[PDB]
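Chain identifiers are assigned alphabetically from A in the order in which the sequence lines are presented. Using the numbering of the PDB entry, the residues shown for chain A are 7-150, 168-725, in order. Note that chain B carries the PDB entry numbering, so the residues on display, from first to last, are 7-150, 168-725. Whatever order the structure lists them in is the order used to number ligands and atoms, beginning at 1.
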Protein chains: 2
Amino acid sequence: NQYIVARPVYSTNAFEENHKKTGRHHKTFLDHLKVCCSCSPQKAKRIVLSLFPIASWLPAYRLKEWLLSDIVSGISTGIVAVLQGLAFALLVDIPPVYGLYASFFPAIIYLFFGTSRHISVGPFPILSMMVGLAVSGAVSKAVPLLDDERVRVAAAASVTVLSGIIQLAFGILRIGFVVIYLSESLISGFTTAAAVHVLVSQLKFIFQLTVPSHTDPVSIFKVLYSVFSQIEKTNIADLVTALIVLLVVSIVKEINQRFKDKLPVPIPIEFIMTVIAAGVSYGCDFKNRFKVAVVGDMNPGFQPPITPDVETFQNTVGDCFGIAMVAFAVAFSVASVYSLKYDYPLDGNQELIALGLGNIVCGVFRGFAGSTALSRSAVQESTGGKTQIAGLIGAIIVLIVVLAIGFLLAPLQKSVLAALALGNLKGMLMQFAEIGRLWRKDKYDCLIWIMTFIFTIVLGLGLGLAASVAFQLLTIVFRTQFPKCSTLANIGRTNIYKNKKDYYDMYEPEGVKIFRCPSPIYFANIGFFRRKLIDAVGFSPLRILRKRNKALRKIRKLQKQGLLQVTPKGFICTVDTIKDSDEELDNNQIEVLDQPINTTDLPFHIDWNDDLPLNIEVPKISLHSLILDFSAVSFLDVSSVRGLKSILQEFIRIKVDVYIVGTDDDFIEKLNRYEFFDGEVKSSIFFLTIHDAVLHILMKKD
Amino acid sequence: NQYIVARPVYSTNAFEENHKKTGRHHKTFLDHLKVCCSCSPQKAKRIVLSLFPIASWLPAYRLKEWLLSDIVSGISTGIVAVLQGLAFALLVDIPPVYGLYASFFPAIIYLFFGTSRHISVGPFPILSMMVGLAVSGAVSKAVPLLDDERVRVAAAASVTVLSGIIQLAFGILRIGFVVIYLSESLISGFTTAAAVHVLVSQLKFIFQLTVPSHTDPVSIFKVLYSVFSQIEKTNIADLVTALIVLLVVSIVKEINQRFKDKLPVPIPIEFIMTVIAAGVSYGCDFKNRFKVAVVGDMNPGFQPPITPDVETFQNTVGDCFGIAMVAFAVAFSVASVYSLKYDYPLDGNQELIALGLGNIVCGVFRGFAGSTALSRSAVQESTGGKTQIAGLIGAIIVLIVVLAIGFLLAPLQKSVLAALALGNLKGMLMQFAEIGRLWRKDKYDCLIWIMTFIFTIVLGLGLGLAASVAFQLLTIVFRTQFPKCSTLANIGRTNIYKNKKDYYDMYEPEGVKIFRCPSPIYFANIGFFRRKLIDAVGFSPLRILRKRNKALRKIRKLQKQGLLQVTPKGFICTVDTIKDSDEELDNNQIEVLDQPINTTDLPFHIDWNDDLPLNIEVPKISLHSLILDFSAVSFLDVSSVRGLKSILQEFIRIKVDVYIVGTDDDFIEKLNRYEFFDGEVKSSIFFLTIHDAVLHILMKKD
Ligand SMILES: NC(=O)n1c(O)c(C(=O)c2cccs2)c2cc(Cl)ccc21
Ligand SMILES: NC(=O)n1c(O)c(C(=O)c2cccs2)c2cc(Cl)ccc21
Ligand SMILES: [Cl-]
Ligand SMILES: [Cl-]
């Protein structure tokens, strides 16, 4: 293995001169506007087919290989949807039939507009809690039992419609890339804090206590206080039933995971528990005997369309944005796992449109907002679901319950529903281990997990999320705030330059400094960069320039007085031991000491690093060349270029050659727009590599 | 010029093996605690001298060269401080003597604790507006015309004390670097919007109209409606006087800038206008004759110390955080200008401590918050100010007015003070030109400017700033969100690799792809990076792996059937035209096709890119080596590392050798903590440069 190279030393300009470029186009935004104005029938076709995905997947359905799978998966998911709809309607604090509406409408809409083939569309616990909190606030801000339920049901429907409107708007504006602004640490911390929120929310049903409609901030603490202050009023029958169901479901749930091979089909413990709980409750007349809360009678059939309330929209708009983003983020994440697994394209923009339309329709018909539940989606997929036909079948199961078999669920205890929801919390609850994992791998990510968790707990799920996204953006600045700048040296007398402090027997060419900032330089960075560069070269170039300008002034003074006489050969100290009086420039004249030194007046050059006439003294510097390794400087901003231009001008005015190496062509293209180059800062300072600049410097000094 | 290199090809591990590394001394956090816990006698001296800068600069005072200069600067600044205090107390909507308190107390405290030598400490218009808005809100949120003034004075004093407490806390915690989080575009947009706010705030005094205490959001609009709704009630005498003063001052101000060379000393148009205005008002009895609003009778003396109100603290903590941050940012910017001009160190933490103590004392003695006015600081410096003795003499002038000669300012109209404040707006209002300039230079900074302006106009100064800082952090993600990734090729047949689309006669070694991402890869980035890499290589490695696994499965099945035999020379097709039978794997078995292929059962090796038996087909790829140019990848985060590892694992599983080049040693050190390396992803994939990896690949293929 030999790395052997023989080429010219290349400055970036010299390289462009010797190597012809290719034609480039600006791709004017007007051109983008031009392309948008296509109207080609094929484009129209693709667009409509993009907006109505069912017209493409339905016709290509493999009936023989997919129908039975979707039918079986649909029945399974349909049952889960019914029970989860009831439970999550409890979480919204409205009658449980509206959870059935929330499990029905969004899914039917998704069948026509969704691009995912595996998610089960409907409510999930975090969004139901967020909707319930939005409702409590809306009601509290409304200028003046069943009546209270009516108001909550109306506020929930309005919140749902506004969330769907926001989602649909974001999908029409093609901003489905917003999910990228959420890191995995943020999602982990947020979902752990949200699992704690859900746990606390189920306590009023486990104990059967009456808890006020608390709002954020610190609603979780407010609820905990409400639950524990009145803990003696707890219904024992509710608690025991909840404990038994929770204990049994968890034991059986683990068995399914451990013994997947041994089992022909997983035991459906959650379904078995509800049927048994409902049967026993009905059989032993638990509602009368132990005064247990039960699901109760639900009137069959759907509600008539409700008009969204504009007053509610004004009151809850901030909440709705949080609800819309959370709904989209969760759905997209769940969908992504499946699309990747099954190798099909998932369109983020279409998902926003589909989820948004589903929500608007659901809200109008009195259901609450939901996108997808990870547990329900897993069931649809694990039971063999192939397409969104499984989702349609599931919706039909929900419809049957809503229209004909709703009465069967009447004797089911609320605590049992709450206990099932608690069982699903374990996956999310196990995310506490991530803090330790993150701590070893990356402190910034660990900080993000912790801040997100704290923000989600103290402020609510919605406000906490906004604060968490802001803090996670701030950590990007934390990462690049104090870059580990370095001085580089040559290793092995070849073209390799590394940290001057890392290896033995390194070599700096005499009078050359090579400085590296391993980060992009911008507003939060450039002062630190200047401090580190001045520490690396060992002096401040502006201080040196000011001391030289002062000396030049004294020299000119003595020259005019006569004590000093100019000469082709240096200077004449006509008068020895001369006077010692400083000019003491005023506040309005001191700026002259910062101007480029011009000594043309004097015929000869003043070597500023050699002795000066008449004891005049100025710090001497050995630096004649400064190389800035800009390979890791990704971008620059106006502050960095202003600061940069400033630093470079100062080095150049003190006769030190400056070289910027390791940048690409886009970089110099960008730097040309900033009006960076002029006289006394030229594009000649850019070289290809550190070794190009070093060899150029050595030839100059030769 | 000739770049001539002859060295070995170096993998990062090989280079380290061949070049001994120096002592890697880790820095223990406990050790930091140890160094922080030194308590040496000299260290104590340095700390106390740091907290009491006066004990350091006073003894070194050059009486002969500074005394007179500081005296003249002090008298000049003291006069400006009196008038600016009265005007800015108008902006706080309290009696104007509290502006005199605000000009007195913080300057006296800063004399002892400040590190700057040129700023004039006291109120400025933006902070007075912010304090006035905080008071209005506090008053409203309080639970149940002198009394109104009394309530407003108490709330202003409490807001001042809490702002000072926050500043002092930030200074003790050594967080004076927070100033870096404000870009120049943000500051420009914010100060232009704040100048518009100040302009609108002066209209009730120019016209002499009664305006309610409007709060934010959109307070600027609320006030404008109130002003022009009553425009008919305008006092003309006030207006005319204001216009004349504003006109004369503006014209003469211009002359001072234009005729500095011809002028021995700047004309004091603001003082002359104030003296003439007050004289005519008294002489012609303007208060009675034209019913004009005058400054009125101020009672001489200071107020007794007042106790901060905790209720006001609770109601204003957020406004007080905003006030503290704005005060420190303004003071530090002005002080940094002057400390760079005169080359002396400026301690930001000490600055935070001094301003906090000054604000605490001012608020206790019924003044309001203030850090420094650029207009007054410039006067102190321009008039010859050398040390903070000029600030002491200015505070003595303010004291003389408060105690003895305040009655002289009784007949001065408020419209004149408002007109004087308007004169100072010109510098900030001309910043509107920045939009066009920044548009040409950098559209992200133009966006920061415009959004800061809009946030500060719509929301207020405090909330606008918070929203603007958040948006400016979001623009950093906007910059690095969709990196312009590229494929590189060789130019010149030497170690230079550039964008494959930029030059003619470039060369890619056959089967090698070189991909560059010119940005750090983090969470908002890695999905885009994967998409671009898959577009660059021309296939998805996971799709190729899944198809090969399917082929292998069919093969093994046919081999089981016997229809296929195995030879070191290939596969025997005893039976041809096989019955195609896709296994149609179900949802729970499909993940097997994503696993590393282990065809060790077979004696030979299946050239996956040659033709397979019985028409078994798999997409063929020409890629055998992928080089990732990571020179501009500053940092990685957990999401990016996970995404990176997944990508690499997939490429390795389809037998594509992967190389990462151009990183430094800190990078690999960091990557070792993420548990990135294991079997099948080794540190052998890191090479020094692109040419090292290319030459290694070529030797492997030889
Ligand atoms: N398989 C699986 O994971 N399941 C769940 O997670 C369920 C639930 O979470 C809830 C029901 C009510 C509130 S939560 C669930 C229900 C049924 Cl009927 C069948 C499977 C189920
Ligand atoms: N030189 C300069 O810039 N000056 C200003 O900007 C002044 C003011 O802004 C105000 C006075 C009252 C309300 S504002 C000012 C005042 C005086 Cl007496 C002398 C110079 C001044
Ligand atoms: Cl779930
Ligand atoms: Cl000012």
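At ligand 1, the drug present is tenidap. Per UniProt, the macromolecule making the most contacts with tenidap (ligand 1) here is Chloride anion exchanger. Lab note - other chains with heavy atoms under 4.0 Å from tenidap (ligand 1): A. Of the listed residues (A/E293, A/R399, A/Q90, A/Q225), the one carrying the non-hydrogen atom nearest atom 10 (C) of tenidap (ligand 1) is A/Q90. Tenidap (ligand 1) lies within reach of A/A444, whose nearest heavy atom is under 4.0 Å from it. Scanning all protein heavy atoms for the shortest distance to atom 6 (O) of tenidap (ligand 1) gives A/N447 ND2, 2.6 Å.
Numbered from 1 in the order shown, with element, the atoms of tenidap (ligand 1) that lie under 4.0 Å from a heavy atom of A/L440 read 13 (C). Contacts of A/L89 with tenidap (ligand 1), taken as heavy-atom pairs under 4.0 Å, involve both backbone and side chain. Taking a cut-off of under 4.0 Å to the non-hydrogen atoms of A/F294, the atoms of tenidap (ligand 1) that pass are 18 (Cl). Close contacts between tenidap (ligand 1) and A/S398 involve ligand atoms 6 (O) [criterion: under 4.0 Å to a heavy atom].
UniProt numbering, N terminus first: transmembrane segments of chain A with heavy atoms less than 4.0 Å from tenidap (ligand 1) are 1, 6. Closest to atom 1 (N) of tenidap (ligand 1), if we only count protein heavy atoms, is A/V402 CG2, 3.4 Å.
Nearest protein heavy-atom contact of atom 19 (C) of tenidap (ligand 1) is A/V86 CG2, 3.3 Å. Remark: minimum distance from atom 13 (C) of tenidap (ligand 1) to any protein heavy atom is reached at A/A93 CB, 3.4 Å.
Annotation for tenidap (ligand 1): atoms under 4.0 Å from non-hydrogen atoms of A/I85 are 18 (Cl). Residues of other chains with a heavy atom under 4.0 Å from tenidap (ligand 1): A/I85, A/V86, A/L89, A/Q90, A/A93, A/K276, A/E293, A/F294, A/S398, A/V402, A/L440, A/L443, A/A444, A/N447.
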